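Drug bound: vorinostat. Macromolecule: Polyamine deacetylase HDAC10.
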Amino acid sequence: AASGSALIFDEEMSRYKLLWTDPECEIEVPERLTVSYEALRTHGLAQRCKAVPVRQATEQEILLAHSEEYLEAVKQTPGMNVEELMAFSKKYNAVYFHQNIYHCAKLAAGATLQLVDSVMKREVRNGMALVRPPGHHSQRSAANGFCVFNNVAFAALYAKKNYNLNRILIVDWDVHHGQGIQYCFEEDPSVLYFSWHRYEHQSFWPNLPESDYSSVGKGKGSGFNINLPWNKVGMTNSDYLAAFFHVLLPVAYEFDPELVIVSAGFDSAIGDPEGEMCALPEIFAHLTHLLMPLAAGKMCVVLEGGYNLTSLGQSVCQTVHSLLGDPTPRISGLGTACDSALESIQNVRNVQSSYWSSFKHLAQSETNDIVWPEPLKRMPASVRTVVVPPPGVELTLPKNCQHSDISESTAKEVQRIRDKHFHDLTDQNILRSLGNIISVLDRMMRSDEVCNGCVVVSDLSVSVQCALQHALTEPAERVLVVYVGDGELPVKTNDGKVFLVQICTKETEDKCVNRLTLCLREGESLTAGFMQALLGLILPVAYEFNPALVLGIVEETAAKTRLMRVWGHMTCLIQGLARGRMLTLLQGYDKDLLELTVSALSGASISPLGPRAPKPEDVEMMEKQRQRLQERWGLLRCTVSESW
Ligand SMILES: O=C(CCCCCCC(=O)Nc1ccccc1)NO
Ligand SMILES: [K+]
Ligand SMILES: [K+]
Ligand code: NA
Ligand SMILES: [Zn+2]
């Protein structure tokens with residue numbers, strides 16, 4: 001199984017620049033590459049990636065996406081003087097040429113192909129190519145928007161041809177629309193293109209009607225092009241995450257790509273003079289993290305734009321941190337997307353409802369100078385995951401996992417807690433597990449040596465009570481509890497410090513807004529239903545709640561239901577919260593569930609779900625939960641609110 005993250009970079013790509021006055025092009029500078037690599041070096045991140053050399057894309061590889069006429073014309077630019085390069089540049093929109101840009105364009109494209117090969121050959125899990133010139137605007141026969149050749153279109157075409165892939169996801173989170181990519185794949189159902197972009201009702205460059213939400217693809221490709229236009233500037237973390245939870249992720253997990261390619265322009269970040277958005281560099285840690293469970297982790301991140309040298313370096317670092325598996329930063333202050341964003345989101349969801357299961361209930365009425373704080377450090381835990389199996393059970397752990405050793409003080413605390421709240425308890429196995437829970441929690445909370453943990457337990461109520469209560473003291477300001485099982489737990493949600501997600505079998509009305517109860521009907525559609533709940537309900541609320549610790553709980557009766565085909569996906573996605581600090585209590589020994597839990601907790605790749613559609617009874621149940629909760633938890637909203 002693949003390990004490591006590739007970093008593809010070469011300083012030759014900084015050796016072309018603009019040679020005449022052009023206020024429109026002067027932002028695209030060599031230093032974008034320099035500053036990004038050096039930020040990766042400053043933070044120790046480049047040193048932890050597998051350096052993979054660049055190469056030239058061959059003529060045959062260029063012709064996968066471009067015409068002979070356009071290649072032949074670009075092939076002449078190395079012989080041109082400055083006057084001739086100016087004349088040639090003026091034939092295109094917002095692009096400049098330089099004696100060395102053809103060379104660099106072949107390197108940017110070859111670097112991307114190097115990244116695809118490394119990932120697809122399983123030499124690395126994932127990676128990032130830091131390239132110039134960018135590519136997502138270039139077209140079959142035109143340079144455009146600082147782009148000469150379409151680096152990301154190459155990668156998907158090349159991955160199709162040489163690895164016989166049937167499903168490729170391209171995510172373009174650059175602030176501009178990648179119209180070159182859209183045109184390349186508009187008729188192709190094998191490539192799903194998603195782009196958000198500043199649009200402002202078509203007044204923002206490149207000013208194209210087909211960058212609107214109504215362009216869904218053409219022909220056999222209808223439904224595999226998704227445009228989310230931003231019609232105001234100032235979009236925040238909340239807007240970007242609303243886009244992911246309510247548009248991109250439901251479609252991406254249903255598509256089930258075999259490879260993910262990211263057109264990663266960071267001009268969508270705060271401070272950028274082109275984007276004028278307000279999302280913090282830390283959001284890219286989460287945009288990367290939320291997509292990493294797809295395609296068994298096979299993700300190729302390719303640099304596009306980004307022009308504020310400061311937010312550029314920080315956003316590159318946040319992305320590579322997540323590719324390397326470092327713990328995600330906590331995102332505070334999340335809430336409803338703004339009204340303009342909710343309008344764009346509801347519009348794209350409505351036009352896409354003809355094509356995607358997650359949105360299908362919408363189709364009929366029966367169914368429905370700028371400055372910001374420096375990012376904190378993101379250091380991997382010495383031991384990522386600690387595991388406490390039943391006594392005697394030895395298991396093969398991934399290289400970054402360990403078994404627990406109850407201390408003397410810990411043992412005194414269990415006696416104290418025993419001598420207050422469970423006085424008639426002497427079952428020295430339970431008392432061992434309570435020492436295990438406290439020992440694990442103290443390593444998670446106090447030390448940065450250990451990130452998360454999993455403890456197998458016998459008695460739920462005493463273990464849950466001591467886990468939760470021990471977390472609340474020694475401050476964990478807020479605790480998210482995720483319980484798979486029936487019955488009521490010793491968990492009080494009447495103070496705002498605990499949010500409880502319960503996935504159960506009995507349909508029970510819940511009364512207050514700090515509890516989300518999901519009764520999913522039994523059957524084969526249960527896997528699709530849980531995934532829809534996870535992306536569209538659980539993750540929006542959890543992200544807004546912003547817990548300091550996550551407590552997972554699985555009762556023994558549920559440990560062999562179809563609902564635990566998704567346990568790995570939830571465990572990976574839920575580590576976007578609380579900087580990955582999650583304690584899981586498994587009731588009873590299940591060898592596989594404990595293996596899967598530890599695997600996901602440790603950051604391993606997880607198997608795809610493959611293939612369908614969920615029961616309409618479940619969709620109605622979930623939308624009733626959204627109605628009940630979205631006034632309190634605005635990140636749940638995916639429509640504009642009713643004005644009174
Ligand atoms: O980042 C990019 C390319 C940016 C496209 C060029 C912007 C168009 C423009 O008109 N820019 C401008 C002109 C004058 C003054 C300031 C900006 N794609 O992802
Ligand atoms: K974009
Ligand atoms: K397509
Ligand atoms: Na021009
Ligand atoms: Zn851009």
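Sequential numbering from 1 along the given sequence is applied to the chain's residues. Both counts, for ligands and for their atoms, begin at 1 and track the order of listing. Only heavy atoms go into these numbers, but all of them, side chains included; no hydrogens, no water, no symmetry mates. This entry, so its header tells us, was determined using X-ray crystallography, 2.1 Å.
The location of vorinostat, copies and all, is ligand 1.
Near vorinostat, within 4.0 Å on a heavy-atom basis, the structure shows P23, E24, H136, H137, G145, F146, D174, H176, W205, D267, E274, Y307. Close approach of vorinostat to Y307 is summarised as follows: ligand atoms under 4.0 Å from at least one heavy atom of the residue are 1 (O), 2 (C), 3 (C). Atoms of vorinostat lying under 4.0 Å from any heavy atom of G145, numbered from 1 in the order shown and given with element: 3 (C). Atoms of vorinostat lying under 4.0 Å from any heavy atom of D174, numbered from 1 in the order shown and given with element: 18 (N), 19 (O). Taking distance alone, with nitrogen or oxygen atoms compared against 3.5 Å, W205 stays at or beyond that limit from vorinostat. Residues flagged by UniProt as binding Zn(2+) in chain A that sit under 4.0 Å from vorinostat (heavy atoms): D174, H176, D267. When only interatomic distances are considered, the shortest N/O to N/O separation between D267 and vorinostat falls below 3.5 Å. In this PDB entry, the source organism listed for chain A is Danio rerio. Closer than 4.0 Å to vorinostat, one finds the following other ligands or ions: ligand 5 (zinc ion).
For vorinostat, the nearest UniProt active-site residue in chain A, with the shortest heavy-atom distance to 1 Å, is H137, 3 Å.
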